[PDB]
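Bound complex of Protein artemis and ceftriaxone.
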Amino acid sequence: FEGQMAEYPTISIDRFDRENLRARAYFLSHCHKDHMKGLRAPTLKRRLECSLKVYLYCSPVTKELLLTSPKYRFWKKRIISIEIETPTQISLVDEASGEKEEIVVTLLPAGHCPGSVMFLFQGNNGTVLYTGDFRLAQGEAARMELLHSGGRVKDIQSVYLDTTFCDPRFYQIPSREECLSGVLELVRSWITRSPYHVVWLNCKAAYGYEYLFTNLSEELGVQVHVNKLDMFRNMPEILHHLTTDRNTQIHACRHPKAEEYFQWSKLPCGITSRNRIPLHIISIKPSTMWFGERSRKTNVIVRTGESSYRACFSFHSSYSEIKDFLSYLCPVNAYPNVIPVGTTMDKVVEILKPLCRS
Ligand SMILES: CO/N=C(/C(=O)N[C@@H]1C(=O)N2C(C(=O)O)=C(CSc3nc(=O)c(=O)[nH]n3C)CS[C@H]12)c1csc(N)n1
Ligand code: NI
Ligand SMILES: [Zn+2]
């Protein structure tokens, strides 16, 4: 996926370079780097300065997060949030020939990271859904009222969908709740032993772990150490569960060579003792795990060393979830947004084919 859906080529979503430089309107599903290619390129800025009626649309949270970065503040005058599950009419003007197109857009929650949404577009060339990145459990799409008309799913011409784990190997992934419970109980069994027992959550430098931090903090009464928390300045229910102070039993700090540090009983922020008593440190790396069709779930926690663990965590839907979602949507066409590492377009397209009307 390179930004443009065939049905509405004058809009660009999650890609801002190359052909997307002529967009009549821009959309951002969420603040992950690989969906923000070109979003602050000079050539785009140049183009915004001679095209005054071009806006960027996203969720309220996405607006807030994007605008906390100094490098995207230039968007301030041109960003419009759209409320979640609130169908909103948008006008797309031709800068030169003066053509006018109207589209109605509805934001649906994607379950991927703070601010993450799917965009349902309705207009005079059919209904389309761009999912962005999503993780939706079975039944979640069936509950989304604005995907339906008169008790049946809307007629959807094309779905542009997150196919990150769209291969039958990734058949099942433990739920959000199961992942959280496993991590909670591992952390609780360690940090309640003494004040000197500490956990390092080894996380990627990306939004989407806040669900985990918030819940661990709420349940355990401990704030989580992070490198930077200023992006949540106006998000109290996230902010108050994080800290920049090193004196805490849960850390999600980050440092360029941080797994070497852990192999010498140092956390990334450098704290190794308190009252000259060494901290007893375990590492927990949230990581995607999956089970095949014919298997049962195994433990969300995998022990990798005396003091090291992997914990199930997924930003994206399983293959069974993708199939259930698309089966339910029953669009005419389905377009993979991404080719999983070990497969091809043809295999992914052909996996999806039987779930579509043409
Ligand atoms: C290499 O180190 N790996 C992991 C780990 O477990 N990674 C998982 C793996 O193999 N994954 C897959 C995928 O298949 O690409 C991905 C999908 S790639 C992607 N996801 C987005 O949401 C997005 O917006 N853009 N992009 C490009 C997620 S990580 C996961 C890790 C976890 S924590 C930590 N410190 N390292
Ligand atoms: Ni993402
Ligand atoms: Zn730390």
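Heads up, chain A uses the PDB entry numbers, so what you see runs 4-361. Counting starts at 1 for both ligands and their atoms, in listed order.
All instances of ceftriaxone are found at ligand 1. Applying a heavy-atom cut-off of 4.0 Å to ceftriaxone (ligand 1) picks out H33, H35, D37, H38, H115, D136, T167, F168, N205, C206, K207, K288, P289, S290, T291, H319. The entry attributes the source of chain A to Homo sapiens. For ceftriaxone (ligand 1), the polar-atom distance check against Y212 finds no nitrogen or oxygen pair separated by under 3.5 Å.
Contacts under 4.0 Å between ceftriaxone (ligand 1) and other ligands or ions: ligand 2 (nickel (II) ion). Residue contacts with ceftriaxone (ligand 1): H35 is placed with a nitrogen or oxygen under 3.5 Å of a nitrogen or oxygen of the ligand (distance criterion only). Close approach to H33 involves these atoms of ceftriaxone (ligand 1), each under 4.0 Å from a residue heavy atom: 24 (O). Annotation for ceftriaxone (ligand 1): atoms under 4.0 Å from non-hydrogen atoms of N205 are 33 (S), 34 (C), 35 (N). Taking a cut-off of under 4.0 Å to the non-hydrogen atoms of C206, the atoms of ceftriaxone (ligand 1) that pass are 35 (N).
According to the deposition, there is no covalent link from ceftriaxone (ligand 1) to a chain. Considering both main-chain and side-chain atoms, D136 comes within under 3.5 Å of ceftriaxone (ligand 1) through a nitrogen or oxygen pair. Which parts of ceftriaxone (ligand 1) touch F168 is read off a 4.0 Å heavy-atom cut-off, strictly below it: atoms 14 (O). Set against the non-hydrogen atoms of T291, the atoms of ceftriaxone (ligand 1) under 4.0 Å away are 6 (O), 8 (C), 30 (C).
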